[PDB]
Amino acid sequence: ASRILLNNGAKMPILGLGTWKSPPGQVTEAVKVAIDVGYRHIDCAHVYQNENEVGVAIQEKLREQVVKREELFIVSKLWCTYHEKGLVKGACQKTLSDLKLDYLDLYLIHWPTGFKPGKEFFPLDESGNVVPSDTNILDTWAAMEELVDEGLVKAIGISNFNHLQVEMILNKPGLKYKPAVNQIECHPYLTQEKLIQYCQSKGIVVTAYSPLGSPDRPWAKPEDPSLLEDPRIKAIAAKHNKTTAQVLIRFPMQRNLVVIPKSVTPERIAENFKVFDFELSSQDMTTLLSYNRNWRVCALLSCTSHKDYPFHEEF
Ligand SMILES: NC(=O)c1ccc[n+]([C@@H]2O[C@H](COP(=O)([O-])OP(=O)(O)OC[C@H]3O[C@@H](n4cnc5c(N)ncnc54)[C@H](OP(=O)(O)O)[C@@H]3O)[C@@H](O)[C@H]2O)c1
Ligand SMILES: O=C(O)Cc1nn(Cc2nc3cc(C(F)(F)F)ccc3s2)c(=O)c2ccccc12
């Protein structure tokens, strides 16, 4: 199936378009091309500073009757400087206004760590450490629950929560809505078997981010592993007459994950969608799992002292 059933009763397309780092001047056309060639899920965030432009594309494709709003699955995320209870609705409403929507299909706590509120996304002290907010995930989660009860979002979820944090939500006293999704980094170099099985065992759908290893991440270095250039992955693609990127997108799909590759390149947007016509073998899958090396694209040094930093622990 091209959609997975969430625990709020709604279906979610297992392929979406990512938008982190998509330039504001190219992402409108990017999203337009993606809807044209079949994408029905867009992954967004206020912190990506491009939601206005993403929204232009969505609204034009609705106006043009290329798609109906019910057919779209639009995701956004609450940024760390808005974890305070009095800030969550407004933050969601800004995202909605920019996306030109009246509801989101899914809204995620973007990271478990709350940062000091302000105009700065990454407020730092004079030594470079991120400045925390004294908020905790449970009260943040309660705030998210209110968005559901106000009709602003159809589903709520979390992102970059480790096993212990997910379990803390599930065990929250007075828990009203379980998280629908946990969006986490996942690719052959960071395979996440434990976290994913934990989440799935609990009926929480996992979305895999940076499935191609984020070659355009701004902190990339020479000695870093490179998925798209891995000869072992290239050979598996070769065997299937597909591209390395296609193998890397199909890989999570077959683990019952949602995957959200980013591109602003029209030929690549289209290539990336052509992944429903082939299957990796079970041996291919285990072989790709074997390349795990616990390598993370996303884990900003400045945040590692936050009490709620998610990656000190195994998973
Ligand atoms: N929850 C969070 O914390 C979090 C964190 C990171 C990412 N995410 C989401 O996940 C999405 C995807 O992750 P990502 O942006 O880090 O990286 P990614 O999707 O792993 O990689 C994007 C990079 O791959 C290139 N690319 C795309 N398709 C390609 C293809 N077929 N062949 C060769 N190169 C290709 C893109 O180039 P062009 O664009 O130039 O074509 C871009 O440089 C994000 O955009 C965001 O929506 C969420
Ligand atoms: O956020 C995105 O979607 C992509 C993303 N990732 N990162 C690396 C990060 N690593 C983190 C670690 C924590 C931590 F929780 F671990 F403290 C909290 C927050 C972050 S941001 C960034 O620095 C970033 C900056 C602008 C826009 C998007 C991003």
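FYI, the numbering just counts along the sequence from 1. In each ligand, atom 1 is the first atom listed, and ligand 1 is the first ligand listed.
- This structure shows the drug at ligand 2 to be zopolrestat.
- Of the chains in this structure, the chief binding partner of zopolrestat (ligand 2) is, as the PDB entry puts it, Aldose reductase.
- Looking at the UniProt substrate-binding residues of chain A, I find a heavy atom under 4.0 Å from zopolrestat (ligand 2) for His110.
- For zopolrestat (ligand 2), the atoms sitting less than 4.0 Å from at least one non-hydrogen atom of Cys298 are 6 (N), numbered in the order shown with element in parentheses.
- Contact annotation: for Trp219 versus zopolrestat (ligand 2), heavy atoms closer than 4.0 Å belong to the side chain alone.
- At least one heavy atom of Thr113 sits less than 4.0 Å from an atom of zopolrestat (ligand 2).
- Per-residue contacts place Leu300 under 4.0 angstrom from the following atoms of zopolrestat (ligand 2) (heavy atoms of the residue considered): 9 (C), 10 (N), 11 (C), 12 (C), 23 (O).
- Counting heavy atoms under 4.0 Å from zopolrestat (ligand 2), residue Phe121 does not touch it at all.
- When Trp111, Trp79, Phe311, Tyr48 are ranked by how near their heavy atoms come to atom 20 (C) of zopolrestat (ligand 2), first place goes to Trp111.
- Inside a radius of 4.0 Å around zopolrestat (ligand 2), the other ligands and ions present are ligand 1 (NADP nicotinamide-adenine-dinucleotide phosphate).
- Shortest contact from atom 26 (C) of zopolrestat (ligand 2) to any protein heavy atom: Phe122 CE1, 4.0 Å.
- Per UniProt, the active-site residue of chain A closest to zopolrestat (ligand 2) (non-hydrogen atoms, rounded to 1 Å) is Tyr48, 3 Å.
- Residue-level proximity to zopolrestat (ligand 2) for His110 is carried by the side chain, the only part with a heavy atom below 4.0 angstrom.
- For atom 17 (F) of zopolrestat (ligand 2), the nearest protein heavy atom (residue, atom name, distance) is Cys303 CB, 3.1 Å.
- Of all NADP(+)-binding residues UniProt records in chain A, the ones placing a non-hydrogen atom under 4.0 Å from zopolrestat (ligand 2) are as follows: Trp219.
- Within the 4.0 Å heavy-atom shell around zopolrestat (ligand 2) one does not find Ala45.
- Using a 4.0 Å cut-off to heavy atoms of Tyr309, the atoms of zopolrestat (ligand 2) that qualify are 14 (C), 16 (F), 17 (F).
- Here the heavy atom of the protein found nearest to atom 27 (C) of zopolrestat (ligand 2) is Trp20 NE1, 3.5 Å.
- The deposit names the source of chain A as Homo sapiens.
- Under a 4.0 Å non-hydrogen cut-off, the residues that form the binding site of zopolrestat (ligand 2) are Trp20, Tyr48, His110, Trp111, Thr113, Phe115, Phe122, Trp219, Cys298, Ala299, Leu300, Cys303, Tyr309, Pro310.
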